[PDB]
Amino acid sequence: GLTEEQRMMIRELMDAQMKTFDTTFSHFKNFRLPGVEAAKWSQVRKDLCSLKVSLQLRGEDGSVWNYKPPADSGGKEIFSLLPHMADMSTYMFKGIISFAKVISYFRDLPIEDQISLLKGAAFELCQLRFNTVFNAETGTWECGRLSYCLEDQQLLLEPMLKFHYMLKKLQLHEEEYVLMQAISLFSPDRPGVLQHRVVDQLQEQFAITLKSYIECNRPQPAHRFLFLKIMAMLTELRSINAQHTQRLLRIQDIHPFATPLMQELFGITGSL
Ligand SMILES: Clc1ccccc1C(c1ccccc1)(c1ccccc1)n1ccnc1
């Protein structure tokens, strides 16, 4: 029950996803690994505690490395995973940027608005892509030969983590994830967007396509209100990206770690 525009639209997004989402992370390599005042630090210590995972690395030859992070002993060991996480984020961001740049609706926008939309939505799209490799039975993001496991059920208090569990519960299709990415990418209200009305119209068409996709392919009474649930999750995603953004900026304030691409997306000038 989708129109021809809508069917073309979903195809173009699925195409962009297929070309730019390295789902086995095969080309994530050369990354760093952990080695072998006052009220800021209290806040940053709390910040880093929420971002805590163990790391497993499965060698192509069959070997396995496992890293268990330290406890907070009041020092600098709380920063040990930041260079690795910066490299993973950077790698995800490159995929996100490539995703946007092959979408016709995005390429047609002026360059400054392209940049403003990517700066506004990079994290959100990264989180949506991470959700598709999140294993909610083991609390593990399965990134090909890398796995990141939550240290350990009072962790669902963390809004990022509650989001991943709730979104995974909806059992979305690939098409529904990529429409979510599009709706978040084409948010007309990001800082610096000039063409508000053009982006808003595009956003509305992505949401209408999603509504129609669901109505036509999900008749089960379990998926009643699925569209509205998804849209409320998108609002939650925006809110937690703002929280997560401020958290990384606090951490970055006292222990620098953003790569140049992360700095670009943050608007960090390299000046002081
Ligand atoms: Cl992606 C990211 C960047 C910086 C810090 C933490 C995370 C995190 C993650 C995701 C996949 C693989 C390793 C870490 C992360 C890990 C644990 C707790 C919070 C965030 N992530 C961002 C959003 N959802 C998950």
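Here, residue 1 is the first one in the sequence, and each next residue gets the next number. We count ligands from 1, going down the list as the structure has it; atoms in each ligand are counted the same way.
Ranked by contacts, the chain bound most extensively to ligand 1 is, in the PDB entry, Nuclear receptor subfamily 1 group I member 2. By its PDB name, the drug at ligand 1 is clotrimazole. Residue contacts with clotrimazole, taken as heavy atom pairs separated by less than 4.0 Å, involve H164 solely via side-chain atoms from C-beta onward. In the entry, the organism recorded for chain A is Homo sapiens.
Under a 4.0 angstrom heavy-atom cut-off, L161 registers as being in contact with clotrimazole.
For clotrimazole, the atoms lying closer than 4.0 Å to a non-hydrogen atom of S50 are 18 (C), 19 (C). Mapped onto UniProt domains, the residues of chain A touching clotrimazole mostly lie in NR LBD. Counting heavy atoms closer than 4.0 Å to clotrimazole, residue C143 contributes nothing at all.
Near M160, with a cut-off below 4.0 Å to any heavy atom, the atoms of clotrimazole are 23 (C), 24 (N). For clotrimazole, the atoms closer than 4.0 angstrom to any heavy atom of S89 are 3 (C). When the heavy-atom distances from atom 25 (C) of clotrimazole to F123, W141, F130, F134 are ranked, the shortest goes to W141. Listed by number with element, the atoms of clotrimazole under 4.0 Å from a non-hydrogen atom of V53 are 16 (C), 17 (C). When chain A is restricted to the residues UniProt lists for hyperforin binding, the ones with a heavy atom within 4.0 Å of clotrimazole turn out to be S89, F130. The heavy-atom binding site of clotrimazole at 4.0 Å consists of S50, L51, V53, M85, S89, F130, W141, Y148, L150, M160, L161, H164.
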